[PDB]
Amino acid sequence: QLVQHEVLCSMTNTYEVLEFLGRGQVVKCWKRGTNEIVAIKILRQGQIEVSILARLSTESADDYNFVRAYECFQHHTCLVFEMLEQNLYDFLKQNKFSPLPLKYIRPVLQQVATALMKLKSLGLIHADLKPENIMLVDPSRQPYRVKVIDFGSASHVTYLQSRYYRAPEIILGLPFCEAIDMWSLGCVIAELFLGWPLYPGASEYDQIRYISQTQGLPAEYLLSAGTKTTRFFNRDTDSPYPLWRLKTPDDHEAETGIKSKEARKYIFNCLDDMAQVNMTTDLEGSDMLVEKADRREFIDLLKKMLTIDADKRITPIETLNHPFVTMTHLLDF
Ligand SMILES: O=C(O)c1ccc2c(c1)nc(Nc1cccc(Cl)c1)c1ccncc12
């Protein structure tokens, strides 16, 4: 867990520490001799990280919108990163949790989907995509330019992801791949759209309960394959063709001690019902057709990212081709 004060020595530079950033740990340091401020992270989970940072060090961090890693050096192994400004949670919070308009959501989506495409091409799973792991480079001089950070959970093709952004296959204990990151991306853009997480479950039970209430139960063939399914669902009869039912909150609390909570600011009966919420009424004529068409494309993309079966879930390349991202739906105006 190390300690603090001032200064550290690289294999190629020297870094004076100025400020603690959070708990491995991350610290803000001055690249001595330059005008650069950098973020240094001080950590087998480190071996996997450095290797993946290495396999990406050869790729274009700016082109694919993932954080630039400069050098690795032991001192405890340290990792030097470019300094970013603000993660998406602090952005929303600093904005009093008001919705983000779609026109600003679109370029964030496009940059993160691009990074996911780069990761899928290298056979890599990020496994911790979430608003804290997406940072605005400079919200004032480069508005809405973002970098994906934190490959500490990353892996090549258990208990993964941050719970609000966790895919059904991880909740249920199914086989999985890089598709889990696309589910997290859907939860991220929905949250920018709402100003609040879509599925803020306080436990894995509440998480799959929220998802099931808005999207229906996962299909029987998924439930029957999951190693964790019976923690949250009962077979009302034996297979073949069990009648799968979600445990009720009272029943689930009774056998578990976990009390269910209500953490949602919005409860949708289905994802289509999102399309209308928080729209500007003042829009006149052709501007409102634009907005209504933008929202239809956005929920259409959102539903394909939040497809419960990972085999049917849209891929990064295909979202980069979706009209919400490309804006071909707006040419009809
Ligand atoms: O892991 C990385 O790749 C990683 C890479 C870059 C940053 C980071 C983590 N964490 C930051 N802040 C932060 C905020 C809260 C908790 C923690 Cl542990 C760290 C940060 C800030 C400014 N610029 C780059 C970073």
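Index from 1, following the sequence. According to its header, this structure was worked out by X-ray crystallography, 2.2 Å. Remember, it's 1-based here, ligands and their atoms both numbered in the order they're listed. All values below were derived from every heavy atom in this structure, side-chain atoms included, with hydrogens, water molecules and symmetry-related copies excluded.
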Most-contacted chain for ligand 1, named by the PDB entry: Homeodomain-interacting protein kinase 2
So at ligand 1, which of silmitasertib, cilastatin, baricitinib is it? silmitasertib
Under 4.0 Å, heavy atom to atom, what does silmitasertib (ligand 1) touch in the other chains? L21, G22, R23, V26, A39, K41, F81, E82, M83, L84, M135, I149, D150
For the 3.5 Å polar cut-off, considering only N or O atoms, please tell me whether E85 and silmitasertib (ligand 1) meet it. no
Close-contact set for silmitasertib (ligand 1) against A39 heavy atoms, below 4.0 Å: 23 (N), 24 (C), 25 (C)
Does any N/O atom on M135 come nearer than 3.5 Å to any N/O atom on silmitasertib (ligand 1)? no
Could you list the atoms of silmitasertib (ligand 1) found under 4.0 angstrom from a heavy atom of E82? 23 (N), 24 (C)
List the closest UniProt active-site residue of chain A to silmitasertib (ligand 1) along with its heavy-atom distance to the nearest 1 Å. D128, 9 Å
Contact check: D150 vs silmitasertib (ligand 1), nitrogen or oxygen atoms, below 3.5 angstrom: yes
Under 4.0 Å to a heavy atom of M83 - the qualifying atoms of silmitasertib (ligand 1), by number: 22 (C), 23 (N)
Could you check which UniProt domain of chain A holds most residues near silmitasertib (ligand 1)? Thanks! Protein kinase
